[PDB]
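Co-structure: tepotinib and Hepatocyte growth factor receptor.
Since chain A takes its numbers from the PDB entry, the residues it shows come out as 1052-1231, 1245-1349. Order of appearance sets the numbers: ligands from 1, and atoms from 1 within every ligand.
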Amino acid sequence: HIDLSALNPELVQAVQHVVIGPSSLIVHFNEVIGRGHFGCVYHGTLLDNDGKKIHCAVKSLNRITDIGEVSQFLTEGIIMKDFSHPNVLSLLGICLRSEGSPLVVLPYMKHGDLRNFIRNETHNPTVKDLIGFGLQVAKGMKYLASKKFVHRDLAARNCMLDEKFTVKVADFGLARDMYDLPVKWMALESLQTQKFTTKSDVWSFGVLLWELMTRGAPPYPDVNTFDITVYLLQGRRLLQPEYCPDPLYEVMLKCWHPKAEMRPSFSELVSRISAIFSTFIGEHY
Ligand SMILES: CN1CCC(COc2cnc(-c3cccc(Cn4nc(-c5cccc(C#N)c5)ccc4=O)c3)nc2)CC1
């Protein structure tokens, strides 16, 4: 139980456009589609204002206990609503129950996370398809970066893939969670200082590209998490994947430049990757 009434009228009124009524949402607690640390993702059914059934994903957030966490939850709801972009996940809304825990209502992503999609043997993406997925991620990050938003957790498992094989940058705001660590996707300066910028997201994006070109191989499998900073300070980097073209491996290496100023912007990455994308032939997705 959490008291909706005695929160903060000015804040609560600012949230109203994000709020969903509990009557207007069905959550299928029997059908789990994802596991995080802060909560699981379920199949839900939303009813929009004209009364049409929309198939959605619903994340619970157990641990959102005190008024601080509940207030911060609403603010993240506000932030997410103001983002609109084809390669960025959108928030449908939030549902504060009378008795139960708060619920994050999200669009259903038919083909799940990008890492599990590429890892699955049933799926057969071409080299062009994989470059295309990376290009889509870059466009989302270009949008977020233009809104002065730092992700801090960009990785292939944290991007989702919809019915039309459109990649959505996900795992931010209310959808932030450890899904089923991030040290191996962190920029060298972030490992030492714990300070995150758009240029640290560029590093992480580089590793995400390596994930795509390996079809979801775990990075640095033989390097222990504690000595990763030392590995990178010796200049050691992820090797070129078997079916990764040279010009795209050059892109990855530029993302892993130790000085952050010298890394490309996401704007630059969209240009460079779309140029590389325009030399390949043949797409399954
Ligand atoms: C075989 N399998 C049957 C079920 C099918 C449908 O599954 C779906 C799973 N998840 C969603 C969903 C949509 C929007 C937002 C979120 C929350 N969120 N989750 C993840 C996430 C989910 C599951 C596993 C992993 C990992 N590792 C990561 C990452 C970022 C993020 O923001 C989830 N939609 C559908 C897929 C095929």
field: Residue selection (non-hydrogen contact nearest atom 17 (C) of tepotinib (ligand 1)) among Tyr1159, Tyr1230, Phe1223
entry: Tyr1230
- prompt: Can you list the tepotinib (ligand 1) atoms lying under 4.0 Å from a non-hydrogen atom of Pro1158?
  reply: 13 (C), 14 (C)
query: Taking only heavy atoms of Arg1208, which atoms of tepotinib (ligand 1) are found under 4.0 Å from at least one of them?
result: 27 (N), 28 (C), 29 (C)
query: Relative to the heavy atoms of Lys1161, which atoms of tepotinib (ligand 1) are at a distance of less than 4.0 Å?
result: 5 (C), 6 (C), 36 (C)
- request: Return the residue, atom name and 0.1 Å-rounded distance of the protein heavy atom closest to atom 7 (O) of tepotinib (ligand 1).
  value: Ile1084 CB, 3.8 Å
field: Polar proximity tepotinib (ligand 1) side, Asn1209 side, N/O cut 3.5 Å exclusive
entry: no
query: Against heavy atoms of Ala1226, which atoms of tepotinib (ligand 1) measure under 4.0 Å?
result: 32 (O)
- prompt: Per the PDB, what organism is listed as the origin of chain A?
  reply: Homo sapiens
message: Can you name the atoms of tepotinib (ligand 1), numbered from 1 with element, that are less than 4.0 Å from a heavy atom of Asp1222?
response: 30 (C), 31 (C), 32 (O)
message: Would you look at chain A and tell me which UniProt active-site residue is nearest tepotinib (ligand 1)? The heavy-atom distance to 1 Å is enough.
response: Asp1204, 8 Å
field: UniProt domain of chain A touching tepotinib (ligand 1) most
entry: Protein kinase
task: List the residues that UniProt gives as binding ATP in chain A and that have a heavy atom under 4.0 Å from tepotinib (ligand 1).
output: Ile1084, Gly1085, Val1092
query: Counting heavy atoms only, which of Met1160, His1162, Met1211 is nearest atom 10 (N) of tepotinib (ligand 1)?
result: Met1211
task: Do me a favour and list the nearest non-hydrogen protein atom to atom 24 (C) of tepotinib (ligand 1) with residue, atom name and distance?
output: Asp1164 OD1, 3.6 Å
query: What residues contact tepotinib (ligand 1) if the heavy-atom distance limit is 4.0 Å?
result: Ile1084, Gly1085, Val1092, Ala1108, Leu1140, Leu1157, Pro1158, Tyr1159, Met1160, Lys1161, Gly1163, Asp1164, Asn1167, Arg1208, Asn1209, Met1211, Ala1221, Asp1222, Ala1226, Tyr1230, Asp1231
